[PDB]
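Depicted below, GC376 (bound form) in association with Replicase polyprotein 1ab.
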Amino acid sequence: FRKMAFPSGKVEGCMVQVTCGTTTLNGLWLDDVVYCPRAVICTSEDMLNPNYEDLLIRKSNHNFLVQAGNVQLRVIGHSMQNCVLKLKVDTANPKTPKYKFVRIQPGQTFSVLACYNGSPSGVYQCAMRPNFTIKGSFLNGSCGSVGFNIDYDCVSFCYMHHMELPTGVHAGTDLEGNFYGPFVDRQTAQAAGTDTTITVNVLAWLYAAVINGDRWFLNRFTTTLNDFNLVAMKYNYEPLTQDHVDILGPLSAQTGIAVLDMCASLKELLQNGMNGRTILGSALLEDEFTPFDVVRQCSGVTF
Amino acid sequence: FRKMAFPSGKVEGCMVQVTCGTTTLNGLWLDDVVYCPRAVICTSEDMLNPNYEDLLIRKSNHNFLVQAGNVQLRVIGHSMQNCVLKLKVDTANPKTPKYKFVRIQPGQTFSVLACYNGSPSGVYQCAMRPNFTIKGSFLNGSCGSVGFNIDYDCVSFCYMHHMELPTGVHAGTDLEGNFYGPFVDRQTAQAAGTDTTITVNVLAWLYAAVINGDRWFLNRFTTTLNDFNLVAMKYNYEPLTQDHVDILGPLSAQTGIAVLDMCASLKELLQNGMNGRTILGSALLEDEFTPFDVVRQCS
Ligand SMILES: *[C@H](O)[C@H](C[C@@H]1CCNC1=O)NC(=O)[C@H](CC(C)C)NC(=O)OCc1ccccc1
Ligand SMILES: *[C@H](O)[C@H](C[C@@H]1CCNC1=O)NC(=O)[C@H](CC(C)C)NC(=O)OCc1ccccc1
């Protein structure tokens, strides 16, 4: 039960640095376009209440320094799409993988390639919380780092990093520049909603425990989805959607345990204790493994 | 505070598939040599009690099928170095990074690139345990997956995967083919020695907790190095050396908590327990971050 990231090599070949004035951050170079946070056009003075449309009309193509390593890529056009800048460059990235842009749902996991000055530094797995933040690891200069999943030969980009909230958690946009959650890219006071436990992932973890022979928590009872959802909210657990029930299908089939039967078992654990007992050796329930993460580590999918 | 692995791209470019007969595993292609576990030359029957020198002399270059994705590489020589087979191929790998082969010490961490059929599957961070096992995530066909660290531009390869023990932990060799630990590449149940907790790593992690505002376990007390080590050994923790105290220097400087002060806090947790509380979200004392790992992630 390791938190396993996707291999990062296909994304590494797409990272560049983008500088405007003295502000440097990371960009993503796909075909002949570089994507990066529009915050790069701000000075320290602009960050409090930036007027991005006004800041951008005073920039031209030759104000942007795009480098792949120490090699400059000439900028030939620029536009703003929500909170991302799109810089058209004169060279198509020969390392461009097959890719798509996707907007993920809370509870989904993805790998983050943390970068500084356009150089990859580390990779880790994390989950999108129900309050649209991620518990990441990001230092100054990390903006423009991306999150991604790999789906056979296709890289699905789902996150670009923009900010850190005063509570220490992180927020960003999809690759169309739309924020996850109710945040804005300005250095203002912002707070996230209360975090909840990701129920669908806890259920995936319970199925993984059963697959490995740890099944003391199974009981003789079942529940309805509506009854379960109403109880879950009382314990700060996310309600299940119909999509959550369907993505649990394969694990339910593999173990022969119906989804709603597993819900009844989880409902028992919430109302009574765990009695100091453990599941997969842990005293606490894990909620950052999705159903697909469980299948990955029990089957060994490659890319 | 996350377990962060090194970016794997430099190693992905070196991974190939090696097949001998009915056995397929992964190999590492550097310049014009492919390194892989010698177990690839065994049948199911052979694996029970292999005489590797005999099995190797009975093979020719054409019994080895090496595939780099779609392209077959032609084997033009072969030799055995301890538990690793070196296959000479007619083509140099243009994506060979700057690299070195190092043998690591218990307590040190590295990234694993788990591969199947020559294709990368996942990356995660591990520590070499004091009993010379690693707690990995490896399935059938993962042999020849490698462990590595990245220093500036240089890839240091430190581990090649060979086996899973009955307890579910893993064992392998360095890239010179020498096992870590008392294990042999034979299909028999092998036990490892008693494991201990890596004390210097726990302290580094407690410093990371303080950096991130988790402070409940601190106290005003201090201890001596010898008095701490007496308690540590009683609880199956590795003793702390003066070398370890030196290496914790930067975290001590950044937090203003002396190392021996932190030791007094860890001593209390060992004696009293954590009492249902958590540190950095964990209910257990984590020992697979080195001091360098913490420094890397925190500044
Ligand atoms: C971009 O590299 C940077 C990433 C931050 C720096 C520390 N760790 C991170 O994840 N982002 C910013 O500096 C960002 C700038 C735009 C939002 C305009 N601002 C930010 O994260 O401010 C933090 C903050 C703002 C207001 C109150 C409290 C904290
Ligand atoms: C190589 O791909 C494979 C990796 C194993 C398979 C399951 N998980 C892994 O990490 N290694 C072997 O199959 C290895 C071959 C020897 C000749 C080195 N044998 C092995 O790991 O045996 C496990 C075992 C446990 C208990 C009794 C007997 C064998």
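The order of the sequence lines fixes the chain letters, beginning with A. Using the PDB entry numbers, chain A covers 3-305, in order. By the PDB entry numbering, chain B shows 3-301, in order. Worth knowing before you read on, the calculation uses all heavy atoms, side chains too, and leaves out hydrogens, waters and symmetry mates. Both ligands and their constituent atoms are indexed starting at 1 by order of listing. According to its header, the structure was obtained by X-ray crystallography, 1.8 Å.
Other chains with a heavy atom closer than 4.0 Å to GC376 (bound form, ligand 2): B. Using a 4.0 Å heavy-atom cut-off, the binding site of GC376 (bound form, ligand 2) is formed by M49(B), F140(B), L141(B), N142(B), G143(B), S144(B), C145(B), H163(B), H164(B), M165(B), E166(B), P168(B), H172(B), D187(B), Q189(B), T190(B), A191(B). In terms of protein heavy-atom proximity, atom 12 (C) of GC376 (bound form, ligand 2) is closest to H164(B) O, 3.7 Å. In terms of UniProt domains, the contact of chain B with GC376 (bound form, ligand 2) runs mainly through Peptidase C30. Protein heavy atom in closest approach to atom 17 (C) of GC376 (bound form, ligand 2): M49(B) CG, 3.6 Å.
Distance from atom 29 (C) of GC376 (bound form, ligand 2) to its nearest protein heavy atom, with residue and atom name: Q189(B) NE2, 3.3 Å. When each atom of GC376 (bound form, ligand 2) is checked for a heavy atom of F140(B) under 4.0 Å away, the hits are 8 (N), 10 (O). At a 3.5 angstrom cut-off on N or O pairs, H163(B) counts as close to GC376 (bound form, ligand 2). In the deposit, the organism given as the source of chain B is Severe acute respiratory syndrome coronavirus 2. Counting protein heavy atoms only, atom 6 (C) of GC376 (bound form, ligand 2) is closest to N142(B) OD1, 3.3 Å. Looking from atom 3 (C) of GC376 (bound form, ligand 2) to the surrounding protein, the closest heavy atom is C145(B) SG, 2.8 Å. Within GC376 (bound form, ligand 2), counting atoms from 1 as listed, the ones closer than 4.0 Å to a heavy atom of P168(B) are 26 (C). Close approach of GC376 (bound form, ligand 2) to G143(B) is summarised as follows: ligand atoms under 4.0 Å from at least one heavy atom of the residue are 2 (O).
In the deposited model, a covalent bond links GC376 (bound form, ligand 2) to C145(B) SG. Among protein heavy atoms, the minimum distance from atom 24 (C) of GC376 (bound form, ligand 2) is reached at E166(B) O, 3.8 Å.
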Pairs under 3.5 Å, N/O atoms on GC376 (bound form, ligand 2) and on the protein: can you put them in a table with the distances?
residue                      : atom   : partner : partner atom : Å
GC376 (bound form, ligand 2) : 2 (O)  : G143(B) : N            : 3.4
GC376 (bound form, ligand 2) : 2 (O)  : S144(B) : N            : 3.3
GC376 (bound form, ligand 2) : 2 (O)  : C145(B) : N            : 2.9
GC376 (bound form, ligand 2) : 8 (N)  : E166(B) : OE1          : 3.1
GC376 (bound form, ligand 2) : 10 (O) : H163(B) : NE2          : 2.7
GC376 (bound form, ligand 2) : 11 (N) : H164(B) : O            : 3.0
GC376 (bound form, ligand 2) : 19 (N) : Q189(B) : OE1          : 3.1
GC376 (bound form, ligand 2) : 21 (O) : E166(B) : N            : 2.9

